[PDB]
Amino acid sequence: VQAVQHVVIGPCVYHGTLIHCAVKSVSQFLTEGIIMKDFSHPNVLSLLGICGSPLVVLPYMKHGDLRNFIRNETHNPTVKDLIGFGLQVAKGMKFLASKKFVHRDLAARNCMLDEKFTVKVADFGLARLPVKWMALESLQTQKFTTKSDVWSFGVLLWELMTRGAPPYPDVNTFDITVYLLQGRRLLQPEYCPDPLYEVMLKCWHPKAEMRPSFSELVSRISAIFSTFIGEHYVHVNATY
Ligand SMILES: O=C(NCCN1CCOCC1)Nc1nc2ccc(Sc3nnc4ccc(-c5ccc(F)cc5)nn34)cc2s1
């Protein structure tokens, strides 16, 4: 009854103020907002408040989604930059995992970049089959876990290192499961350091309990990230 008051605010998505905002178009809605509001992490997209239209108000993200940022030819990411985006995502997913939150649709298109170029994992909560991002077991059961978020994460790093290339462009979505089960993974991007590809393959472990945790991923990617100085510019493949 009064439990939603901290979430509520008075005076398709629209621009807004109060902070620059995205403002999107009953009992479930009140409860969900309260769950969503109690998530707070620098790498997870905030719920600012809810309003009656009804309205969901989120922070406006200056640079938009992460797949479009990296695809833009007038941006010049270095390997360091891109591993840095991956490290941020991993930190957001670590938080969501600690909250027992299974994202289910982790992808570069669903992460956003604010004005400080902080990546926020998004498209979850009220702010919400992606077969080419899905774990083998989830393609088989339509059941998702944190370890199946880990798989998606490994696809997301792939997207990172290719500057937003579509995964398995030659495989039709209806076919991905058969393709994978022949014994295949995504190939190593031209600008993907060997140590980061090893991580990708770990994230794609055939056994779900064997994939690293997001805590493990943060630690590991934080180390590899620190080895770079932003001297290597990542260019775009001609085949993708
Ligand atoms: O669009 C910009 N910035 C403009 C960036 N441009 C690019 C062109 O070059 C000029 C600079 N900021 C925004 N912030 C927000 C904040 C919240 C929301 S609702 C929401 N909730 N969860 C999600 C998750 C993903 C998406 C999404 C996906 C693809 C997209 F394409 C745009 C948005 N939305 N979403 C929309 C926006 S859009």
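To match the PDB entry, the residue numbers of chain A are left as they are there, and the shown ones run 1063-1073, 1091-1097, 1105-1111, 1121-1146, 1151-1227, 1245-1356. One-based numbering, in listed order, for ligands and for the atoms of each.
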- Task: Report the drug at ligand 1, choosing among SAR125844, ARQ 092, MLN7243, dolastatin 10.
- Result: SAR125844
- Going by UniProt, what is the chain that binds SAR125844 with the most atom pairs under 4.5 Å called? Hepatocyte growth factor receptor
- Which residues make up the contact shell of SAR125844 at 4.0 Å, heavy atoms only? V1092, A1108, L1140, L1157, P1158, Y1159, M1160, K1161, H1162, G1163, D1164, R1208, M1211, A1221, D1222, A1226
- Task: Kindly confirm or rule out an N or O of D1164 lying under 3.5 angstrom from an N or O of SAR125844.
- Result: no
- Message: Pairs of nitrogen or oxygen atoms closer than 3.5 Å, one from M1211 and one from SAR125844: do any exist?
- Response: no
- Task: Name the UniProt domain of chain A that holds most residues touching SAR125844.
- Result: Protein kinase
- Message: Can you figure out the closest UniProt active-site residue of chain A to SAR125844? Give the heavy-atom distance to 1 Å, please.
- Response: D1204, 8 Å
- Task: Write down the species the deposit gives for chain A.
- Result: Homo sapiens
- Message: Does any N or O of SAR125844 fall below 3.5 Å from an N or O anywhere on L1157, backbone included?
- Response: no
- Numbered atoms and elements of SAR125844 in range of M1160, under 4.0 angstrom, heavy atoms: 2 (C), 3 (N), 12 (N), 13 (C), 14 (N), 15 (C)
- Query: Taking only heavy atoms of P1158, which atoms of SAR125844 are found under 4.0 Å from at least one of them?
  - Reply: 16 (C)
